[PDB]
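So you know, we letter chains A, B, ... as the sequences are listed, proteins then strands, and number each from 1. FYI, side chains are in, hydrogens and waters are out, and symmetry mates aren't considered; it's all heavy atoms of this structure. Looks like X-ray crystallography, 2.7 Å, at least that's what the header says. Ligands are counted one by one from 1 in listed order, and the atoms in each one are counted from 1 as well.
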Protein chains: 4
Amino acid sequence: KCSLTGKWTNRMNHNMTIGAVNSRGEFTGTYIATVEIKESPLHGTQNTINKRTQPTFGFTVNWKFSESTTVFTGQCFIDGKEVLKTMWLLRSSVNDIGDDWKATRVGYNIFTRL
Amino acid sequence: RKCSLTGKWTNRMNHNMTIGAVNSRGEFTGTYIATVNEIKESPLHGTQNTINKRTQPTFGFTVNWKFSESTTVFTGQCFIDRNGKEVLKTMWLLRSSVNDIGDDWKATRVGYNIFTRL
Amino acid sequence: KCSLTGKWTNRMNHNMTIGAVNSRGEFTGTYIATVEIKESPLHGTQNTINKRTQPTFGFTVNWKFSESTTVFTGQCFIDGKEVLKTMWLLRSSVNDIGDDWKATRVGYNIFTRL
Amino acid sequence: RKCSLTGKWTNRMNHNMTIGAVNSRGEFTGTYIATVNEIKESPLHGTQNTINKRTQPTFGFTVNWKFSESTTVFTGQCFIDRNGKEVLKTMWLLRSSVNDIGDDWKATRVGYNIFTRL
Ligand SMILES: CC(=O)[C@H]1CC[C@H]2[C@@H]3CCC4=CC(=O)CC[C@]4(C)[C@H]3CC[C@]12C
Ligand SMILES: CC(=O)[C@H]1CC[C@H]2[C@@H]3CCC4=CC(=O)CC[C@]4(C)[C@H]3CC[C@]12C
Ligand SMILES: CC(=O)[C@H]1CC[C@H]2[C@@H]3CCC4=CC(=O)CC[C@]4(C)[C@H]3CC[C@]12C
Ligand SMILES: CC(=O)[C@H]1CC[C@H]2[C@@H]3CCC4=CC(=O)CC[C@]4(C)[C@H]3CC[C@]12C
Ligand SMILES: [Cl-]
Ligand SMILES: [Cl-]
């Protein structure tokens, strides 16, 4: 079984900590990144349909130093070692609806255990 | 005059999304109802941004589909349009379940959705 | 048959003109947008496997006033009226490889005939 | 010391992409070879940016798959890495063929690819 609970890092030296997943798949945690270091909360869910050993999942990071919001989704894989393959959408704040077209960046991130 | 996530929302596909109270930290929960004339209903959880108490906040949420192994995340902004209507402009990523990490490349879709009140 | 040749516009009052598609699917054209108006070239291909009435396609716009590049892909649909449902990636120029993570915006565009 | 598109490229999946001469307007053509141990080979066409004659230009291209009704577009930048190696960091969209405009939402994938010389 691949579980999101615990501590994770990526190629950018990030520090992601996720708490216990309840039975409905819900979780909370923390996302720590450089700018000097800031902590921001994350809330998310993990699939529990068919209790897959390698579940898909999703979460939102509500950045504390910034008007933006990021969303991540992906799958917890086994390779023996655990890895989260993710993709993300970073939403910037824009002042007027007609600037919406440029408000959204996309990318990826690979996480592995501390 | 502020744009809130709380309430009933629909899009051009007749989905109905219903969002509860946004708390002091911007957290909220809700439901995503969609035709799958057969209807299924899945929980969602996420946040809206609170930094500078913006009239048009950014936000994000995860829908944990009840009938599927997939997961979808939405992000976007709650705008007041020219006509005074509140609209959510969103983009999303839909993650499918694959068996081998070598299939990861084909597992992620992207699209968009515009929601208005119902 | 849905063909990319001709003149197209979208909700942003853009003006896109595409030339003749050869037999391998290749095409050239022009993308015109506000900033005052600038013309930039586009080169692309259209699928010709199975000669579908509603082909998928792709093109790159090489913006003339800017270091960026945009790519579009999508499908030419019939609804009697013709419409291109697209999605796009806008690539910004960043000065150093470790800023790559923020160089890519994503979005959409619907085109219809002039 | 400039990063050029011209040449042979590979990624972490053993695709081999080969790009011809970049002309004065930045246009180029090439080939994308990929396992589909069975190999298929499809044309690609696109541009690199020339505004300010940058040492690390942005670019984009379309691969017109020979064995499929799909289309894929790549965009990214040609960087000189810390070790002096040229690397293409790319993101892509893969468009599938669907029959009805109502299925359009499920037709577009997104991923990434990192290429290095071969
Ligand atoms: C690579 C990646 O996943 C992206 C998506 C959201 C991004 C963060 C968004 C907010 C941000 C603002 C900064 O000023 C420093 C870097 C950070 C903290 C970003 C680091 C890279 C992230 C984590
Ligand atoms: C258009 C859009 O926002 C997408 C993102 C995730 C998609 C859903 C993912 C799961 C799903 C499976 C189906 O068989 C039809 C309806 C649904 C419920 C999809 C409808 C369209 C959605 C809501
Ligand atoms: C909506 C959309 O497709 C986006 C993708 C690329 C975008 C263009 C990218 C370059 C650009 C720079 C400007 O200064 C004005 C607007 C334009 C001309 C953009 C208009 C919206 C476009 C066309
Ligand atoms: C990882 C990546 O960049 C993706 C984008 C488009 C994808 C290709 C699309 C068509 C295709 C069909 C197959 O059956 C296997 C190989 C290929 C050739 C895919 C391999 C991975 C590609 C190249
Ligand atoms: Cl922006
Ligand atoms: Cl940028």
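- Drug identified at ligand 3: progesterone.
- Bound to progesterone (ligand 3) with the largest number of contacts is the chain that the PDB entry calls Avidin.
- Other chains near progesterone (ligand 3) (heavy atoms under 4.0 Å), by letter: A, C.
- By the deposit information, the source of chain C is Gallus gallus.
- With a non-hydrogen cut-off of 4.0 Å, the residues around progesterone (ligand 3) amount to A:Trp101, C:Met12, C:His14, C:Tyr31, C:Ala33, C:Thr34, C:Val35, C:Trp63, C:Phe65, C:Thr70, C:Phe72, C:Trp88, C:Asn109.
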